[PDB]
Number of protein chains: 2
Amino acid sequence: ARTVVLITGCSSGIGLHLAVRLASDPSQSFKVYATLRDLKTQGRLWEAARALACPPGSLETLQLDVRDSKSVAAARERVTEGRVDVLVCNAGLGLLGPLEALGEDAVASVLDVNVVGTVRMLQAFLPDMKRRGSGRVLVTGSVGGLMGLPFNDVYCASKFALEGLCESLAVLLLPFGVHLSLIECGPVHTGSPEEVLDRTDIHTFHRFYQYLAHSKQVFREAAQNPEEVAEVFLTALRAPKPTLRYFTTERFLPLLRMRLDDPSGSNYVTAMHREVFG
Amino acid sequence: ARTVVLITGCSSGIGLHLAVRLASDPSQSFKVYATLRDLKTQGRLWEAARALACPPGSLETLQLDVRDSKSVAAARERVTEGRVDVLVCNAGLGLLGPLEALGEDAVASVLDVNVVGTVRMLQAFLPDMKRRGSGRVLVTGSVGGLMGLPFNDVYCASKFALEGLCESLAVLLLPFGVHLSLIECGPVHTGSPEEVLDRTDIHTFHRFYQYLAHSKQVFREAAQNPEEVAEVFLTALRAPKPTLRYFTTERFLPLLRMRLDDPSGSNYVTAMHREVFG
Ligand SMILES: C[C@]12CC[C@@H]3c4ccc(O)cc4CC[C@H]3[C@@H]1CCC2=O
Ligand SMILES: C[C@]12CC[C@@H]3c4ccc(O)cc4CC[C@H]3[C@@H]1CCC2=O
């Protein structure tokens with residue numbers, strides 16, 4: 001009896017690498033349903049699967065668009081084993097820009113995919129885990145769900161929302177035998193400028209391209225290998241008493257300690273403004 | 001001139017009390033635009049205003065539905081002074097129940113009002129504040145945005161979301177001279193059991209009714225009057241250097257410190273489960 005894993009957002013990045021890590025595991029103890037918003041994007045997954053020699057039957061692909069609870073439901077029905085031992089809620093969108101330049105539809109989509117989409121997944125799959133008295137739920141988290149990042153206001157809103165959702169659930173789930181964990185990632189190796197200028201003031205326009213310069217520098221320095229990140233998910237699964245959070249890096253725990261010394265919140269604001277804008 | 005204050009969610013509660021507290025101020029320092037989802041519900045606001053003899057012109061009402069960017073824009077345009085000195089984003093919904101028993105449309109509506117609605121407000125009013133280089137924004141927060149609360153998973157998601165949104169913006173806004181503050185409230189005074197069971201499970205059912213009983217007791221002991229809450233808003237807007245957060249109560253400091261001592265979340269999840277479920 002293999003451990004049945006279902007993962008959202010497997011076309012690229014963390015989801016792709018986790019899927020093939022699990023499916024290729026030497027023990028052959030995982031059966032992986034790697035789900036993608038659009039099945040047409042599955043090529044890279046299968047290329048990576050072959051590169052790691054995933055055994056026949058260890059990896060299957062399903063269409064699962066987390067905006068659509070019928071898509072969620074149909075994917076659940078395709079789990080031939082009739083159970084999910086490990087649910088990985090990884091699908092997510094970023095959104096980068098001055099707040100007032102972001103389209104109202106882009107803002108709503110980020111919330112719908114990142115927050116409501118995770119709700120849809122939990123509504124579909126949590127009940128059977130709770131009834132059975134076992135199951136692991138791993139949710140891809142972000143440093144941006146723990147501290148605010150300029151020009152990522154809506155992304156951060158959505159990642160903070162997941163902290164609140166997951167923590168609230170973890171309090172109830174504590175003695176159910178069902179274990180929810182957030183995997184907190186920093187950076188990971190995986191509008192037009194007219195529009196931005198038209199939709200904001202000149203000072204914000206400047207600060208945005210200052211931010212983009214500083215963000216490329218930090219990304220070059222701090223972007224983790226996706227294999228290293230995937231392995232933290234595996235560690236959380238190995239744990240017999242998994243914690244609510246795991247961190248893929250200690251790089252930001254100083255900021256997190258400092259942030260939480262100051263209940264007023266303004267020391268963080270000052271420090272992060274200085275770190276980003278010099 | 002007077003300080004121009006625009007407040008959302010003024011039909012009742014915190015919004016109503018703050019609107020009339022500012023408009024009835026003996027010094028007549030404030031011109032208040034009190035906004036309501038539906039203008040037809042303004043009767044109680046005007047009764048409270050007349051009860052405090054709010055002078056003519058100190059208080060004006062507009063319809064403003066935070067779900068509709070056209071409503072937000074139409075309200076902004078009615079501000080005859082052509083500026084807002086203090087914006088109060090107070091409009092909000094609650095949602096209580098086992099996650100899997102909640103309708104997806106109800107979940108979506110909470111995030112749309114509480115989170116996207118606040119984004120719409122900020123998108124419409126920040127640009128003028130940034131351009132003129134001054135402005136204050138006060139946002140109704142919750143201790144449920146700082147720590148997760150069982151059976152309030154979506155409400156907490158939305159309150160955490162406002163933490164991330166506001167913190168991210170505050171980093172950018174420091175050198176613009178536009179100040180953002182969250183007013184962190186504790187509790188505030190304002191399906192069928194077989195349906196709950198059928199949609200969940202035997203353990204969840206027991207915990208839910210345990211939660212409800214315990215919650216009823218905490219509301220009796222700890223819930224604050226909207227007037228007391230309104231007074232904390234007044235302090236924040238009068239602060240020469242306003243901080244990111246103001247707390248209406250110190251009652252939850254212990255659980256809050258429990259949370260921040262242990263970033264893994266273990267100490268908090270255990271402590272909160274013990275607090276709620278005994
Ligand atoms: C804002 C930031 C640069 C950009 C990083 C970044 C970039 C992309 C991303 O998906 C996540 C993150 C999280 C950390 C962010 C940094 C923290 C300190 C700093 O200067
Ligand atoms: C969960 C809780 C009851 C419900 C409270 C509650 C309810 C509604 C709300 O808007 C805020 C809060 C904040 C504190 C919450 C309590 C902490 C300890 C406890 O037993």
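So that the names make sense, note that chain A is the first sequence line, chain B the second, and so on, each numbered from 1. Determined by X-ray crystallography, 1.9 Å, according to the entry header. Keep in mind that the numbers below use all heavy atoms, side chains included, and drop hydrogens, waters and symmetry copies. Counting starts at 1 for both ligands and their atoms, following the listed order.
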**Q** Just wondering what drug sits at ligand 1.
**A** estrone
**Q** Could you tell me the main partner of estrone (ligand 1) here, using whatever name the PDB entry has for it?
**A**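 The main binding partner here is Estradiol 17-beta-dehydrogenase 1.
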**Q** Find the other chains whose heavy atoms come closer than 4.0 Å to estrone (ligand 1).
**A**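 Heavy-atom contacts come from A.
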**Q** So, at a heavy-atom cut-off of 4.0 Å, what does the binding site of estrone (ligand 1) look like in terms of residues?
**A**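 At that heavy-atom cut-off, the site is A/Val143, A/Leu149, A/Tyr211, A/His214, A/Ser215, A/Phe252, A/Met272, A/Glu275, A/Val276.
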**Q** Heavy atoms of the protein only: does one fall short of 4.0 Å from atom 9 (C) of estrone (ligand 1)?
**A** no
**Q** Strictly inside 4.0 angstrom of atom 2 (C) of estrone (ligand 1), do you find any protein heavy atom?
**A**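 No, no protein heavy atom sits under 4.0 Å from atom 2 (C) of estrone (ligand 1).
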**Q** Would you find the UniProt active-site residue of chain A that's nearest to estrone (ligand 1) and tell me the heavy-atom distance to 1 Å?
**A**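 Per UniProt, closest by heavy-atom distance: A/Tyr155, 5 Å.
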**Q** Taking only heavy atoms of A/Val276 into account, list the atoms of estrone (ligand 1) that are under 4.0 Å away from them.
**A**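 Close to A/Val276: 20 (O).
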**Q** What residue and heavy atom of the protein are closest to atom 12 (C) of estrone (ligand 1), and at what distance?
**A** A/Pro187 CG, 4.2 Å
**Q** Out of curiosity, what organism is attached to chain A in the PDB?
**A**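 By the entry, the source is Homo sapiens.
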**Q** Which residue and non-hydrogen atom of the protein lie closest to atom 14 (C) of estrone (ligand 1), and at what distance in Å?
**A** A/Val143 CG1, 3.5 Å
**Q** Atom 17 (C) of estrone (ligand 1): which protein heavy atom is closest, and how many Å away?
**A** A/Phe252 CE2, 3.8 Å
